[PDB]
Visitor: 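Sharing a structure, written as structure tokens. Questions coming.
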Amino acid sequence: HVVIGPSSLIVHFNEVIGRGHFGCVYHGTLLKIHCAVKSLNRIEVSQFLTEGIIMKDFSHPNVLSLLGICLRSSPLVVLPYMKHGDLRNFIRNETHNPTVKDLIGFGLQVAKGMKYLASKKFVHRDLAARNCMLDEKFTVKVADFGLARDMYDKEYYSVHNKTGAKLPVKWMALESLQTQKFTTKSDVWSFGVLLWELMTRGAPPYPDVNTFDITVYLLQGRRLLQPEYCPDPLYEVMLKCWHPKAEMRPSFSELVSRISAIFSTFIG
Ligand SMILES: C[C@@H](c1ccc2nccn2c1)n1nnc2ncc(-c3cnn(C)c3)nc21
């Protein structure tokens, strides 16, 4: 059910709608549904289809789904069209003016998406507002995973010298920075940074810090500041997300409960 016949898909290669390190994203027509088509030519087949099957089994309103894969004599990843693009660029856009309730709602949507993924035992490893997207109905979808996974904004990835890996250090949990071990509990840390990103309308975290300098920074007893219009219990939620002990951080289930409680207190 993952494979799409070439006959069924029209790829508008002339107009590029996204740029990733592994390949570009183009406007697409799947037969008459509108879609986004990610190419991989900018870079195992058995693990590729396996990744596709897993991604298709994921069905939740706040998780970017897989429409399918097209095989051309590099394979094309077919994803639903996201009218408002990535969450970070949206909240950064001057033409849009989301309220504080709106921003909390966008965070609650990510938590709902992540609660779903964590229950399937799927660890994202690169959660950040730049890696979530919005469709026409303003539905946030946890994206940039499985076959859609890439480096969409290279500015926020530092290369480890002893490993050679591109790491999103300003979103990484303390243990991931020291041991390169990622779990659901480290995705929870990254969720706290996403919460901060939303409440500041896409400001870059720790502007005063330079790459792997971040580890000593956090070990000095430092955390991101409370943004101006961020409610006190929302900042309390973030602080819990950045707990030094992973096992002391809230689950995404707890996060859905606490954020929806904060969200219900706003009129509009
Ligand atoms: C494959 C790509 C994607 C998916 C759907 C879509 N509709 C319109 C454009 N689209 C791009 N994609 N999938 N997950 C992503 N996460 C993030 C980004 C992205 C692109 N630019 N920036 C800054 C982030 N792109 C992502």
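Residue numbers count from 1 along this sequence. What you see below is based on every heavy atom in this structure, not just the backbone, and it leaves out hydrogens, waters and symmetry mates. Whatever order the structure lists ligands and atoms in, that order sets their numbers, starting from 1.
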Visitor: Which drug or candidate compound lies at ligand 1?
Guide: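 Recorded as savolitinib.
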Visitor: What does the PDB entry call the chain that holds savolitinib with the greatest number of close contacts?
Guide: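 The chain with more contacts than any other is Hepatocyte growth factor receptor.
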Visitor: Give me the residue, atom name and distance of the protein heavy atom closest to atom 6 (C) of savolitinib.
Guide: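 Its nearest protein heavy-atom neighbour is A36 CB, 3.3 Å.
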Visitor: To which protein heavy atom is atom 12 (N) of savolitinib closest, and what is the distance rounded to 0.1 Å?
Guide: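 For this ligand atom, the closest protein heavy atom is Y152 OH, 3.7 Å.
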Visitor: Savolitinib versus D86, non-hydrogen atoms closer than 4.0 Å: side chain, backbone, both, neither?
Guide: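 The answer is the side chain of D86.
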Visitor: Hey, is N89 touching savolitinib through its side chain, its backbone, both or neither, going by heavy atoms under 4.0 Å?
Guide: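 The part of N89 near savolitinib is the side chain, not the backbone.
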Visitor: Tell me which UniProt active-site residue of chain A is closest to savolitinib and the heavy-atom distance to 1 Å.
Guide: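 The closest one among UniProt active-site residues, measured by heavy atoms, is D126, 8 Å.
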Visitor: Using heavy atoms and a 4.0 Å limit, tell me yes or no: is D153 in contact with savolitinib?
Guide: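 Contact absent.
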Visitor: What I want to know is whether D144 and savolitinib share at least one N or O pair that is separated by under 3.5 angstrom.
Guide: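 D144 vs savolitinib: N/O contact under 3.5 Å present.
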Visitor: If you measure from atom 11 (C) of savolitinib to every heavy atom of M82, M151, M133, which option wins on shortest distance?
Guide: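 It is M133 that holds the nearest heavy atom.
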Visitor: Below 4.0 Å, non-hydrogen atoms only: which portion of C132 touches savolitinib? Side chain, backbone, both or neither.
Guide: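 None of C132 does.
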Visitor: List the closest protein heavy-atom neighbour of atom 24 (C) of savolitinib: residue, atom name, distance to the nearest 0.1 Å.
Guide: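 Result: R130 O, 3.2 Å.
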Visitor: Which UniProt ATP-binding positions in chain A have any non-hydrogen atom closer than 4.0 Å to savolitinib?
Guide: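 Counting heavy atoms against the UniProt list, it comes to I17, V25.
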Visitor: Closer than 4.0 Å to some heavy atom of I17 - which atoms of savolitinib meet that?
Guide: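 Once the distances to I17 are compared, the set is 8 (C), 9 (C).
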Visitor: Curious here: most residues of chain A touching savolitinib, which UniProt domain are they in?
Guide: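 Most of them lie in the UniProt domain Protein kinase.
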Visitor: Output the list of atoms in savolitinib that are nearer than 4.0 Å to some heavy atom of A148, sorted by atom number.
Guide: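 So the atoms of savolitinib that pass are 13 (N).
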Visitor: Any chance you could list the binding-site residues for savolitinib? Cut-off is 4.0 Å, heavy atoms.
Guide: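 The heavy-atom site around savolitinib is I17, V25, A36, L64, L79, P80, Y81, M82, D86, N89, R130, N131, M133, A143, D144, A148, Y152.
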Visitor: What are the atom names and distances for all N or O pairs under 3.5 Å between savolitinib and the protein?
Guide:
{"from": "savolitinib", "atom 1": "7 (N)", "to": "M82", "atom 2": "N", "distance (Å)": "2.8"}
{"from": "savolitinib", "atom 1": "14 (N)", "to": "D144", "atom 2": "N", "distance (Å)": "3.0"}

